[PDB]
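Report on the structure given below.
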Amino acid sequence: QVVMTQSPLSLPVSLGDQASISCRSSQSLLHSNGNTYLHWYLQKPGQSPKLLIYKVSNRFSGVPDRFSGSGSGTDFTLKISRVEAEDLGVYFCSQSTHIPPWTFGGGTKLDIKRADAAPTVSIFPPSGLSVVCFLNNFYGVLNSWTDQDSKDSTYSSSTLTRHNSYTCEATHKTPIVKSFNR
Amino acid sequence: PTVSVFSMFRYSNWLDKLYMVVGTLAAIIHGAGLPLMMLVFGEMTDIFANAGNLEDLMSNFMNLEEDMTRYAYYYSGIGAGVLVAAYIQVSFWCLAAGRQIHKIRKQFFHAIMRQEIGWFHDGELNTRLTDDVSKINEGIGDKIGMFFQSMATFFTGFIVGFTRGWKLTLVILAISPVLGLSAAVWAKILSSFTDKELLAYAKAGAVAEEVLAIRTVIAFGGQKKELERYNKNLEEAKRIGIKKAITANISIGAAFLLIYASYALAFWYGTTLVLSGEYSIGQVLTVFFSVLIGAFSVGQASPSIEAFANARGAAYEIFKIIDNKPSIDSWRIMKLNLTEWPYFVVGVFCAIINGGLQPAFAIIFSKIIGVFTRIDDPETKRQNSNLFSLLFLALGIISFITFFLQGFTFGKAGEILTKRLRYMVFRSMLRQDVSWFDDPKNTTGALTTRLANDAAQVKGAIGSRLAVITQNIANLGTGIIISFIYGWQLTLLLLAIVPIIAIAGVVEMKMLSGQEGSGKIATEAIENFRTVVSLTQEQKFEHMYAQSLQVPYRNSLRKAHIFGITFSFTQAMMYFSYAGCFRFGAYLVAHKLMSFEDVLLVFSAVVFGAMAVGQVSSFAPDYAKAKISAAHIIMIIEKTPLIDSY
Amino acid sequence: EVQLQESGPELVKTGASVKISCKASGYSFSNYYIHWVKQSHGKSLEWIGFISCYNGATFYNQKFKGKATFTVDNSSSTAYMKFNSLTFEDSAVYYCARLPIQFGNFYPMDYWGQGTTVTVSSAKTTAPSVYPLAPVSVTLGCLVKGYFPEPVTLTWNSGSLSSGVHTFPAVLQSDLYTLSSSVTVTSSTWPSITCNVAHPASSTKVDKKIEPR
Ligand SMILES: COc1cc2c(cc1OC)CN(CCc1ccc(NC(=O)c3cccc4c(=O)c5cccc(OC)c5[nH]c34)cc1)CC2
Ligand SMILES: COc1cc2c(cc1OC)CN(CCc1ccc(NC(=O)c3cccc4c(=O)c5cccc(OC)c5[nH]c34)cc1)CC2
Ligand SMILES: COc1cc2c(cc1OC)CN(CCc1ccc(NC(=O)c3cccc4c(=O)c5cccc(OC)c5[nH]c34)cc1)CC2
Ligand SMILES: CC(C)CCC[C@@H](C)[C@H]1CC[C@H]2[C@@H]3CC=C4C[C@@H](O)CC[C@]4(C)[C@H]3CC[C@]12C
Ligand SMILES: CC(C)CCC[C@@H](C)[C@H]1CC[C@H]2[C@@H]3CC=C4C[C@@H](O)CC[C@]4(C)[C@H]3CC[C@]12C
Ligand SMILES: CC(C)CCC[C@@H](C)[C@H]1CC[C@H]2[C@@H]3CC=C4C[C@@H](O)CC[C@]4(C)[C@H]3CC[C@]12C
Ligand SMILES: CC(C)CCC[C@@H](C)[C@H]1CC[C@H]2[C@@H]3CC=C4C[C@@H](O)CC[C@]4(C)[C@H]3CC[C@]12C
Ligand SMILES: CC(C)CCC[C@@H](C)[C@H]1CC[C@H]2[C@@H]3CC=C4C[C@@H](O)CC[C@]4(C)[C@H]3CC[C@]12C
Ligand SMILES: CC(C)CCC[C@@H](C)[C@H]1CC[C@H]2[C@@H]3CC=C4C[C@@H](O)CC[C@]4(C)[C@H]3CC[C@]12C
Ligand SMILES: CC(C)CCC[C@@H](C)[C@H]1CC[C@H]2[C@@H]3CC=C4C[C@@H](O)CC[C@]4(C)[C@H]3CC[C@]12C
Ligand SMILES: CC(C)CCC[C@@H](C)[C@H]1CC[C@H]2[C@@H]3CC=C4C[C@@H](O)CC[C@]4(C)[C@H]3CC[C@]12C
Ligand SMILES: CC(C)CCC[C@@H](C)[C@H]1CC[C@H]2[C@@H]3CC=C4C[C@@H](O)CC[C@]4(C)[C@H]3CC[C@]12C
Ligand SMILES: CC(C)CCC[C@@H](C)[C@H]1CC[C@H]2[C@@H]3CC=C4C[C@@H](O)CC[C@]4(C)[C@H]3CC[C@]12C
Ligand SMILES: CC(C)CCC[C@@H](C)[C@H]1CC[C@H]2[C@@H]3CC=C4C[C@@H](O)CC[C@]4(C)[C@H]3CC[C@]12C
Ligand SMILES: CC(C)CCC[C@@H](C)[C@H]1CC[C@H]2[C@@H]3CC=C4C[C@@H](O)CC[C@]4(C)[C@H]3CC[C@]12C
């Protein structure tokens, strides 16, 4: 029942650069036969997860030399030398030493690193009550999140469904507040 | 000068034709039984391997016995079918051959008594009557069934291999030609072994019978001259025998090495395919065993064609004669070979090593299959399979070397002993007196057969016996010990059928090998043909011949059925051994008292150990006859004459 | 070319049962186990169990024992995973992977299926409610509320306005989905546009023009 912990849930990278994804196990993954059975798979949206690395460092047949694996014990690392456009996805690790329960890592999505940005936070009163907040282009509550756009690689909403003071705090890591009265 | 193919069965009626047709049908059915058995064996091996892999995976056999009941049923069904088919084939072909040979004998003697005085040509006619009909019998008898059974085995094995795994089937096809060629050479050497031993001595036998046919030699005092004349041809015969002991043994050792190298190559490629995930170990077993046994059988059935051609040749003259329309129309023994202890030591060592080759093969085979009945790292599995393939190749090399060495050493010791015994016997006979030569127990024929047979049979009570016993011990004793170490319950069960498996091997070797009154009337008629044709006793002599043939005819017609049933039962026992052994093995593996590796080890070391024991013991000569001939030779050597002429 | 083709996405009702498939091609089917894995949204993959493609022997995770059943059809060389008494916590993406029988757990899951999306919900078909959103550059947008099931092909000006649009993914709001859309256009074009929502499952087409407050 090994609990595999992937250190970076999200990892922003850039084209033609090195990326490193870490994996930590709650128990030593070295087998009695001297081998460590940790494998790295890549999963793209809507496609089957593809085996990249197996047994810590061995490259699967067909995988380019871009991908390398290292580590031992309870600390492993997958390294991509030059992040190409065909490498964006979810990289997850998997152990096979301690079964029946095959366990997998949480996964690591590769975001594309660009310049920092600030959201264009706007609000809208109802036109059934429902106040919406649109936080576009940044780097009873119900939230949704868009994916990284292909053009500028930027994220973009909230909905609350009395009191006249209705505000929305946008405490980004770069706070912004927008207010409106009925 | 041979007769037509469809002219040799001219004396076969509707019953003989039906016998031949049903016999070849049953022979095809019997030949198609071993590849089907290998298919079932591969499926059962796959069951065992999958169960073992799943058990090794879920560490931290519930359907095995139920699944093995079905395969025991399949084994038993194939065994009963093989029983029936082999009985039908053997019995029917034997019956057809016997009836046709009876008719041929009667017609030949009828025509011989019908010839003219100007026709009556030699000796030669008697030898024709007693040997050409036996040649026809050997040619039109069980050997046609052998040929059809082996053709069926070859075709069925290759069809099974191609339908089960065509890549491995092609890989073993690439070596099938040399396998069939080695099997054919093996069969030819085994079939023409005694005839060549007679041909080697045929030169010295003429000098022996000419000198012994003796008063002139005693009077003129040329005993030393004739002794050296005999000793020269004895040297020649000994040289020819040593050359044969080299050649036959190196050929059969090359055949053994080829078998084991085929094992090595086929298992290396099959383990590659299994580790790649394309094949299963049971599929590999099925393909390999089917194709290999078929390729061996297709070469094993090569002396049948030679026997058929010899039958045509022998029947040509007989049919010409019977179609002639004449004008008129009316410690003490071992000491004898004590000077060959350097040969005997090497022979015993090589026989020990050769006998120990079967348990070593059992161990290596069980280990290479048990590699795939457990789960492990891919690299570890590949390394183990490579090591065991190399071990198969080493087994083959050691088999070649030790087989050739044992054969050559024992054959050279036997040839030296035979030459020495013949020389001393001829010297003591030349030293004897006319009072000894007049004794009607000392006939010229009896003395010549003492020189030709007894002197050549004494080695059967020393080297042959010692080699056979040593090999059979080093094989079966070590196999039984290892099987008791690894799985004593399965060993105790298989010990009950060990004797039947050894007897099956013996009976099958004798079956592949093919192992008085009427002759007297015939030779008297041929010798006194002038007086017979004067007294017009042709029809009466025909009657006496036909009445003297009746008891041998009935004996042959009964021995047909007897040998058919015993051969079929001994063949079906080899099939029932699978069912019994692997049913008990399924029980013991499900109850965790043993593993499939140890089951395979016990099987291969006990069942096939006993089969090899039987195959080897089929070559052992008669020990009682050998000791009687040794006593005869010793008394003639130690006989001292009264009127000494030396 | 090893391929493990899985069935399409399936939307079922709560408490019912459903059987998903994984058809293998390009290799010896009977030499591998087929493992089943479950991935919920925002969660790591979780191993359900495996079946032997040789005879059909199964092993289940102790959590899923009883509510999942593995079967195999060696003729068509397919594996099947059947649920029993489905529930909301069963809505996830289910993958099939192959594992060599010769090296169990000593060898990775080399090939996987593309995944089968199973959405379990008891709600019935509903009509989407469209609500414009205008302020008190100009940002506008019409929100879709209380529709079922997926999807709704929202569009701005029937495709003639495809730049500066942000259609956020639909999120479940008490057995009914909610979707939003944003459009930022220069201050000259508004209030001097129309959003079209199309729900094919209910066969609804609603066109709404944004009007200033
Ligand atoms: C009819 O021909 C022959 C007759 C004889 C001999 C050789 C012949 O032919 C070469 C050797 N004489 C001397 C005693 C003697 C010494 C050693 C052996 N041990 C062997 O392993 C052997 C040796 C020769 C041939 C074979 C096989 O063919 C053979 C075939 C299948 C299976 C076998 O074992 C598993 C075989 N084993 C042998 C046998 C016997 C006895 C008479
Ligand atoms: C380790 O694995 C394996 C090992 C082995 C085998 C298979 C394996 O794996 C599948 C096959 N064995 C196979 C042995 C093997 C070879 C050849 C034969 N032919 C004959 O006897 C034979 C055939 C035809 C005509 C005649 C005769 O006119 C004849 C006349 C007189 C005396 C004879 O003899 C005593 C005669 N004999 C024959 C039998 C048996 C070898 C070892
Ligand atoms: C129903 O079974 C059988 C029926 C018959 C025979 C053999 C059978 O069993 C294989 C022999 N036939 C006549 C041709 C003939 C002669 C000899 C052989 N020599 C061998 O195969 C063999 C030799 C030595 C060692 C071993 C093994 O350590 C061994 C271990 C596991 C499995 C095996 O084989 C499936 C093994 N084999 C052998 C084959 C064929 C007549 C009927
Ligand atoms: C397994 C099956 C197919 C075998 C069938 C074999 C049949 C066709 C054979 C086997 C023994 C044969 C019998 C043997 C002897 C005789 C005596 C003879 O004066 C007339 C024919 C007759 C009565 C034969 C008839 C056909 C027969 C019964
Ligand atoms: C005289 C008679 C027995 C000759 C005919 C031989 C027959 C019975 C043999 C020859 C080839 C054999 C087939 C070879 C391969 C396979 C595929 C396997 O997955 C099932 C059995 C099956 C389908 C075999 C059935 C039996 C078979 C058809
Ligand atoms: C002399 C012979 C014909 C007697 C009868 C033998 C019968 C019972 C045997 C011979 C070959 C056997 C077959 C060999 C192989 C297989 C494939 C396996 O996956 C299922 C069983 C099956 C299909 C066997 C069924 C039983 C079978 C047909
Ligand atoms: C003529 C002599 C030397 C050889 C006779 C047998 C030949 C035709 C056989 C024996 C081994 C066979 C090869 C065995 C395995 C493979 C791999 C497969 O993916 C393609 C076919 C291929 C490459 C086969 C081609 C045909 C082959 C070379
Ligand atoms: C000279 C006679 C007696 C024997 C000839 C044996 C030949 C045909 C055998 C021996 C070794 C065999 C090769 C062994 C391994 C491989 C690799 C595999 O991926 C394709 C087939 C291939 C390339 C085989 C082809 C056939 C082969 C070359
Ligand atoms: C069947 C007859 C005609 C020929 C057999 C000889 C050839 C084809 C076989 C016999 C033993 C075999 C070898 C056994 C073991 C090994 C070690 C492994 O790490 C690589 C392959 C290699 C080196 C095999 C190559 C093929 C081989 C050399
Ligand atoms: C000749 C008689 C008296 C005894 C014969 C003993 C034989 C069968 C025994 C003795 C020692 C054994 C070997 C001991 C160890 C190994 C290493 C293992 O990884 C493969 C088997 C192998 C190579 C064994 C093969 C069988 C073997 C050679
Ligand atoms: C586990 C141990 C005790 C097993 C010992 C097995 C012994 C007793 C067996 C194995 C091989 C056997 C021999 C095999 C062949 C022959 C030739 C025959 O013409 C006389 C018996 C004789 C000479 C047998 C005697 C008994 C024998 C030596
Ligand atoms: C050569 C023979 C006669 C030696 C004597 C043993 C023979 C008779 C065989 C036949 C049946 C066999 C038994 C069959 C089943 C079992 C149950 C198992 O859990 C232990 C072994 C045991 C008890 C076997 C012992 C050996 C046994 C008794
Ligand atoms: C329990 C142990 C000792 C094994 C049992 C002994 C077996 C293998 C022995 C005991 C008696 C032996 C038989 C004794 C005599 C002959 C006649 C000979 O022309 C061929 C071998 C043959 C047929 C032997 C075969 C092997 C044999 C059956
Ligand atoms: C009398 C002649 C023809 C045969 C003598 C041996 C017979 C009776 C023996 C040999 C092997 C035996 C089989 C071995 C194993 C099993 C499996 C078991 O679950 C049911 C009985 C069954 C199927 C046996 C039936 C009887 C059997 C076929
Ligand atoms: C008589 C001997 C020499 C040959 C035939 C052996 C046969 C009859 C033997 C060998 C193994 C045996 C089986 C071994 C174990 C069990 C389990 C037990 O709970 C019921 C009987 C059963 C199923 C036996 C039935 C008989 C059996 C199949």
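Order of sequence lines = order of chain letters (A, B, ...). Chain A is numbered as in the PDB entry; shown residues: 1-127, 135-146, 164-180, 182-186, 194-206, 210-217, in order. Residue numbering for chain B follows the PDB entry, covering 32-91, 104-163, 166-167, 169-259, 261-377, 698-882, 891-1021 in order. The PDB entry numbering applies to chain C: residues 1-136, 144-199, 202-222, in that order. For ligands, and for the atoms within them, numbers begin at 1 and follow the listed sequence. Side chains included, hydrogens not; waters and symmetry mates left out as well; all remaining heavy atoms used.
The drug located at ligand 2 is named elacridar.
By contact count, the main macromolecule holding elacridar (ligand 2) here is known in UniProt as ATP-dependent translocase ABCB1. The chains other than those of the drug that have a heavy atom under 4.0 Å from elacridar (ligand 2) are B. Assignment of B:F983 to the shell around elacridar (ligand 2) is not supported, since no heavy atom sits closer than 4.0 Å. On a distance-only criterion, B:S993 and elacridar (ligand 2) share no N/O pair closer than 3.5 Å. Most residues contacting elacridar (ligand 2) in chain B map to the UniProt domain ABC transmembrane type-1 1. Residue B:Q990 places no N or O, backbone or side chain, under 3.5 Å from any N or O of elacridar (ligand 2).
Around atom 32 (C) of elacridar (ligand 2), the closest heavy atom drawn from B:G763, B:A233, B:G872, B:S880 belongs to B:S880.
Nearest-residue assignment for atom 11 (C) of elacridar (ligand 2) (options B:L339, B:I306, B:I731; heavy-atom criterion): B:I306. Taking every heavy atom of B:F343 and a limit of under 4.0 angstrom, the matching atoms of elacridar (ligand 2) come to 13 (C), 16 (C).
Lab note: chain B, UniProt TM segments from N terminus, heavy atom under 4.0 Å from elacridar (ligand 2) -> 4, 5, 6, 7, 12. Counting atoms of elacridar (ligand 2) from 1 in the listed order, those under 4.0 Å from a heavy atom of B:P350 are 24 (C), 25 (C). Within the set B:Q347, B:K189, B:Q725, the minimum heavy-atom distance to atom 19 (N) of elacridar (ligand 2) is found for B:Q347.
Near elacridar (ligand 2), within 4.0 Å on a heavy-atom basis, the structure shows B:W232, B:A233, B:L236, B:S237, B:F303, B:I306, B:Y307, B:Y310, B:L339, B:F343, B:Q347, B:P350, B:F728, B:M876, B:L879, B:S880, B:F994.
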